[PDB]
2 protein chains.
Amino acid sequence: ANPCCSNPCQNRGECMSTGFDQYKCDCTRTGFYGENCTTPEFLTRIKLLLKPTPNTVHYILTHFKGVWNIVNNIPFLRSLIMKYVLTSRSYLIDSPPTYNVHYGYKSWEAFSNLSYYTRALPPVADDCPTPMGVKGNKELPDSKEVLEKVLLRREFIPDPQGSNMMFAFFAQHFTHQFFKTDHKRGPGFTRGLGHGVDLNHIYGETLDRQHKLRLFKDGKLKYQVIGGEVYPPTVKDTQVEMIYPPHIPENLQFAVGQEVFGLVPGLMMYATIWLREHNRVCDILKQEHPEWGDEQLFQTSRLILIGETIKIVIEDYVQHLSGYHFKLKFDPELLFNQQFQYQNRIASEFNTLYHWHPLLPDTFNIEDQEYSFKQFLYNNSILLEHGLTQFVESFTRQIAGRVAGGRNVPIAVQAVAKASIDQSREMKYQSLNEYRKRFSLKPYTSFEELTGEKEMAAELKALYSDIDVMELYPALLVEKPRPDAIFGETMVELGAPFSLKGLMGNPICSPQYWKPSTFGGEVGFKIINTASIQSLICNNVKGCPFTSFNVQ
Amino acid sequence: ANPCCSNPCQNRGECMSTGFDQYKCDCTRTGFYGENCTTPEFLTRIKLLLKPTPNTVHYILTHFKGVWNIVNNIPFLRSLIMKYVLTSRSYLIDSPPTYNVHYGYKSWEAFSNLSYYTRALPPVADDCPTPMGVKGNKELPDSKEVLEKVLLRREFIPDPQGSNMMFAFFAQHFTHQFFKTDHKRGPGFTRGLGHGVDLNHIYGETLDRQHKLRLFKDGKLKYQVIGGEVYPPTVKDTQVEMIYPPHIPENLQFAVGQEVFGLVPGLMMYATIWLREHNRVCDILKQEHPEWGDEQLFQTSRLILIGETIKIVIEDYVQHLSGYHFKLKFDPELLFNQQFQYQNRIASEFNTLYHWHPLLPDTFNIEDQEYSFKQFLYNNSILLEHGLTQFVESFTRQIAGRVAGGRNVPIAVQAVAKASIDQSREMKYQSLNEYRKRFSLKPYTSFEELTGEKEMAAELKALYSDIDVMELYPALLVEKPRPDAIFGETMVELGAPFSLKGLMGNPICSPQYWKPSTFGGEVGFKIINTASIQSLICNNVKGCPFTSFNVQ
Ligand code: HEM
Ligand code: HEM
Ligand SMILES: CCCCCCCCO[C@@H]1O[C@H](CO)[C@@H](O)[C@H](O)[C@H]1O
Ligand SMILES: CCCCCCCCO[C@@H]1O[C@H](CO)[C@@H](O)[C@H](O)[C@H]1O
Ligand SMILES: CCCCCCCCO[C@@H]1O[C@H](CO)[C@@H](O)[C@H](O)[C@H]1O
Ligand SMILES: CCCCCCCCO[C@@H]1O[C@H](CO)[C@@H](O)[C@H](O)[C@H]1O
Ligand SMILES: CCCCCCCCO[C@@H]1O[C@H](CO)[C@@H](O)[C@H](O)[C@H]1O
Ligand SMILES: COc1ccc2cc([C@@H](C)C(=O)O)ccc2c1
Ligand SMILES: COc1ccc2cc([C@@H](C)C(=O)O)ccc2c1
Ligand SMILES: [Cl-]
Ligand SMILES: [Cl-]
């Protein structure tokens with residue numbers, strides 16, 4: 001009934017009704033004009049002919065290793081290239097933010113309420129005749145059927161990029177500081193009001209929780225020693241709320257501060273490592289500043305760990321999953337002469353696309369043993385049993401599964417994969433093709449183009465009937481992967497903008513924060529600028545086992 | 001004890017301790033180097049001997065009415081000029097913010113906790129030997145003595161720029177959406193979590209309060225009719241809490257939603273005007289959008305009012321108090337090709353300097369009656385008796401007091417002025433001269449240079465003993481005014497940057513927001529772009545009396 005229900009405005013033009021049956025498109029700053037912002041201005045015509053496809057670019061980034069070897073060692077070209085990826089991605093994100101589940105137009109309520117996930121595309125209106133607006137049937141296909149036909153795993157498909165379990169659990173640990181859906185309110189509500197990398201999954205979302213996790217000497221976090229090893233403190237000792245089955249032994253009720261982290265020993269492995277790391281930095285910082293009190297040591301160490309995280313995320317984690325020969329660089333200075341907003345709001349679609357459960361293996365192989373999901377969940381005695389050094393060595397060696405390419409969601413998390421479909425619809429997401437347009441991709445013309453094969457394509461066609469009505473979540477996991485890659489085109493071209501905006505958006509990247517005094521001087525500053533996944537493990541894990549995100 | 005107590009680092013360098021008795025200066029990006037960042041880089045040398053003093057620039061702006069008469073008419077020149085005032089002012093403020101009452105170093109708590117006012121200069125550390133750090137006596141001069149000698153009004157001093165009571169009350173009403181001290185918590189803490197121009201003073205800080213004030217029809221705010229005139233609804237009807245003395249007879253307990261606006265009829269006057277204006281705009285939107293529901297009517301009207309507010313503050317309000325012949329311009333597009341952060345945090349010092357109580361008369365003259373403070377306070381009946389038309393006519397006609405120049409604080413609010421001195425010390429403000437360097441002004445070398453006269457200068461010199469220990473607040477009210485001006489140099493050079501960043505940093509000024517469709521189409525947009533103090537009054541006040549911020 002709403003005249004904007006068909007999504008008539010193209011190229012990021014905004015649609016507004018102008019009567020019960022009529023509409024208008026606002027083409028301001030789009031580079032186009034016309035009734036629907038489809039006829040381009042002269043300069044636009046030119047930018048367009050010059051613009052290479054995401055697929056062409058990706059080819060160039062994953063070939064010619066010899067040329068990249070050179071570029072990488074010419075600091076000024078490396079900086080030039082990295083500047084361009086940074087800015088070209090980030091300009092895809094609305095900032096300040098617009099739209100959320102309840103608002104398909106820009107209200108002060110949508111801007112000011114930090115309780116919502118923001119939304120890259122506005123929700124389909126409540127009165128549209130079909131779930132996707134105007135197209136398709138009255139009803140999307142039964143979600144159980146989609147799940148079973150194209151998502152559930154038959155045989156385990158390994159990631160051809162060699163992503164290991166260190167990678168999979170880092171992703172889960174790092175992302176769960178900003179994906180924290182508030183189930184009391186609905187999907188599309190978050191409990192992580194920091195809307196980014198604030199390390200609340202280490203220090204607690206609220207001051208109350210932080211103070212419970214704190215030792216209040218030397219800036220340190222509370223902990224216990226079992227065997228000769230440092231672990232998070234207990235729930236009984238700190239009185240912080242955690243989520244645990246009621247039968248779990250007092251000693252194994254680890255507290256840590258993201259309340260959900262005790263349900264997977266892999267999460268708790270990183271919780272322990274980061275806890276250890278905070279306290280290691282306190283020691284260095286105390287050594288450097290005998291004058292300092294507890295508050296300042298805690299607060300400075302926290303700023304340093306924020307930097308270390310972003311460093312690692314860009315130069316090891318994103319580096320790995322990109323498959324690029326170009327060496328990505330964490331360097332806030334790249335943006336000091338650019339237009340850039342040091343702020344971030346996490347999008348609901350970013351939560352959605354980050355559901356990478358295909359990464360999970362059939363069993364968890366902690367060198368020697370092989371645990372089933374049932375055995376693994378809410379079970380920290382495994383961590384105690386094997387210790388951190390083992391775990392690192394084991395997780396470094398076990399391949400994770402491929403994410404795109406279809407049929408690789410472990411049955412053990414089927415209920416989760418289904419909820420993603422259901423909550424997507426509940427939140428009234430626009431189609432896959434609407435999202436491809438939003439991010440400057442060409443809409444798919446058939447399911448067979450989406451998957452690159454024929455079997456899954458046909459199953460999808462019988463269910464959806466029209467490609468322009470295919471949904472975002474199912475499509476990301478079923479999409480044709482890049483040649484020997486973990487992800488398809490859509491995952492990368494939507495993921496990258498959200499990701500890099502969240503990373504560089506941080507206040508510690510702003511000119512006023514990005515200087516040595518912010519981090520306790522030159523010493524604290526180097527901890528950030530030399531941080532890596534290897535040194536994180538090396539410094540904090542008993543032996544000094546080798547790791548990477550790659551299974552070698 | 002703190003080695004940084006002397007504030008050694010100059011030119012915006014940051015001090016850090018490096019041991020119990022030593023310190024280091026971080027000169028990064030200051031344009032200076034050396035132990036205290038006082039030795040300028042070459043390009044910095046050129047900039048300095050090419051930079052006109054604030055007084056030179058002020059002179060140029062307040063003279064040559066002939067030339068400015070030409071420039072105001074070259075859209076091209078007006079723009080580039082306004083662009084330069086916006087950018088150079090704003091670069092003076094840290095954004096993202098740094099420091100608050102409790103943190104004289106960066107910290108994530110200082111960044112993330114919106115309950116604090118930010119701070120342009122960090123507090124003086126608790127353990128410093130003297131209140132100003134290292135200079136002056138172990139104690140600051142008795143605040144009663146400072147108050148009585150150089151602050152209290154003997155004879156009324158009228159503003160030479162001709163400010164009237166429309167100006168004074170506009171000031172109070174507008175600033176009180178972002179200055180809302182949380183007294184429960186302390187000075188340094190605010191209840192305006194929106195940190196800017198969000199119109200919470202019309203709509204409420206929380207969603208619970210907003211809903212209580214809302215009609216839920218046609219997007220409107222609840223109101224009552226008394227005689228044939230529209231007034232805010234009552235406390236008993238809306239259940240929204242207000243602050244009123246118990247003797248107030250319900251029925252005059254107007255709601256309005258900044259809970260403090262009952263205690264001055266001049267505040268209730270504007271509250272009434274903006275409430276009428278909101279419902280007026282709903283009528284206009286409804287006419288353009290027969291198909292819109294209540295929610296979008298409400299939200300769109302709110303965005304439009306925000307726009308009107310910003311427009312009026314810049315082109316009528318700031319315009320008047322500036323005394324410039326150059327015609328200021330509200331135009332977000334001026335910043336689209338510039339680096340600029342669309343975010344704000346209101347500074348404690350901004351609150352401090354806006355304590356413009358000298359504006360207030362000894363009696364409030366509403367055509368025919370001369371009301372005293374005791375009679376004016378929390379007394380809406382005066383508003384009901386005279387009406388909005390009378391009130392605008394009277395307020396437009398009565399002059400305000402001069403602010404700088406000393407000895408013009410109304411005796412009626414002497415307790416308030418004393419609290420300002422006392423709270424500044426409580427919040428550990430740095431000295432006047434520290435704040436002057438921070439905003440690129442020369443430190444004053446004697447009290448006599450500060451005041452421009454002799455008698456107060458000598459009074460101050462006996463109290464403070466040393467000019468480098470003079471306090472900021474008392475100084476602003478005692479400072480030598482610009483020629484026939486309302487304020488002295490310090491007020492303007494501090495206030496302008498806080499004010500302009502506060503205005504332009506609003507999300508509706510950002511590229512994605514600044515477009516016709518945000519405000520419901522070209523007619524909604526035009527309300528923003530044509531708004532003025534005169535038009536605000538003409539549309540909503542019975543007859544349509546002439547108004548101005550200037551006495552005629
Ligand atoms: C043993 C490993 C894992 C288990 C047991 C698990 C299970 C779960 C469960 C029960 C949920 C909540 C679903 C809901 O509340 O609707 C969830 C959500 C989620 N998962 Fe996993 N998962 C695992 C691994 C991973 C991995 C490797 C990733 C990689 C990115 C990931 C990404 C996410 C995300 C982004 C959410 C949404 C979080 C939120 O909105 O609060 N998970 N998972
Ligand atoms: C009848 C008129 C006025 C009265 C009765 C009045 C009285 C007061 C009082 C009692 C306070 C609270 C003091 C405290 O908490 O220590 C205050 C604060 C303040 N006043 Fe006024 N004042 C008036 C007009 C004005 C005007 C015209 C301005 C112009 C800017 C102004 C600026 C301020 C500011 C910025 C604060 C701080 C508010 C906060 O932090 O919440 N006042 N005033
Ligand atoms: C030749 C490769 C070096 C430059 C690196 C650019 C990497 C990211 O470039 C991306 O590619 C897409 C298609 O071109 C665009 O849609 C994106 O906006 C752009 O950010
Ligand atoms: C510097 C040399 C430039 C050569 C660019 C090679 C581009 C070929 O790249 C091809 O583009 C397609 C995109 O639609 C993809 O489907 C293919 O997988 C990809 O190989
Ligand atoms: C992973 C186990 C759960 C899914 C089985 C039930 C749904 C049936 O799904 C079918 O499974 C076949 C075998 O893979 C495919 O050949 C078909 O294309 C597919 O539709
Ligand atoms: C284009 C020519 C520029 C010259 C403008 C005149 C500058 C005078 O500026 C002077 O600066 C002093 C600063 O302390 C003030 O005390 C004076 O009041 C002020 O007149
Ligand atoms: C006369 C030239 C056009 C008018 C623009 C200047 C008005 C505001 O510019 C101000 O001037 C001061 C002195 O240089 C600086 O200290 C301020 O930082 C700057 O914002
Ligand atoms: C969250 O999911 C992703 C997926 C791919 C990404 C790729 C980049 C880099 C390589 C990019 O192409 O600019 C960054 C973040 C990414 C995040
Ligand atoms: C709160 O106090 C002030 C005082 C002077 C101001 C001057 C400007 C303009 C004219 C300017 O000088 O840039 C803006 C805000 C201002 C605020
Ligand atoms: Cl990410
Ligand atoms: Cl202002």
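Naming: A, B, ... by sequence-line order, numbering from 1 per chain. Atoms within each ligand, like the ligands themselves, are counted from 1 in listed order. The header says X-ray crystallography, 2.4 Å.
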Asker: Tell me the name of the drug molecule at ligand 8.
Answerer: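 The drug is (R)-naproxen.
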Asker: Could you tell me which macromolecule makes the most contacts with (R)-naproxen (ligand 8) here? Its name in the PDB entry would be great.
Answerer: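 The chief partner is Prostaglandin G/H synthase 2.
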Asker: Which other chain letters have a heavy atom less than 4.0 Å from (R)-naproxen (ligand 8)?
Answerer: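 Under 4.0 Å by non-hydrogen atoms: A.
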Asker: May I ask you to identify the nearest protein heavy atom to atom 6 (C) of (R)-naproxen (ligand 8), giving residue, atom name and distance to one decimal place in Å?
Answerer: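 Looking at atom 6 (C) of (R)-naproxen (ligand 8), the protein heavy atom closest to it is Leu321(A) CD1, 3.7 Å.
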Asker: Give the residue, atom name and distance (to 0.1 Å) of the protein heavy atom nearest atom 9 (C) of (R)-naproxen (ligand 8).
Answerer: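 Minimum-distance protein heavy atom for atom 9 (C) of (R)-naproxen (ligand 8) reads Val318(A) CG1, 3.9 Å.
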Asker: Starting from atom 2 (O) of (R)-naproxen (ligand 8), find the nearest protein heavy-atom neighbour and note its residue, name and distance.
Answerer: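 Here the closest protein heavy atom is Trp356(A) CZ2, 3.4 Å.
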Asker: To check your reading of the model: name the closest protein heavy atom to atom 1 (C) of (R)-naproxen (ligand 8), its residue, and the distance in Å.
Answerer: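 Going by distance alone, atom 1 (C) of (R)-naproxen (ligand 8) is nearest to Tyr354(A) CE1, 3.2 Å.
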Asker: Are any of the N/O atoms on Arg89(A), whether in the backbone or the side chain, positioned under 3.5 angstrom from an N/O atom of (R)-naproxen (ligand 8)?
Answerer: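 It does: an N or O of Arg89(A) is found under 3.5 Å from an N or O of (R)-naproxen (ligand 8).
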Asker: Do (R)-naproxen (ligand 8) and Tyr324(A) have nitrogen or oxygen atoms that lie under 3.5 Å from each other?
Answerer: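 Checking (R)-naproxen (ligand 8) against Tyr324(A), an N or O pair does fall under 3.5 Å apart.
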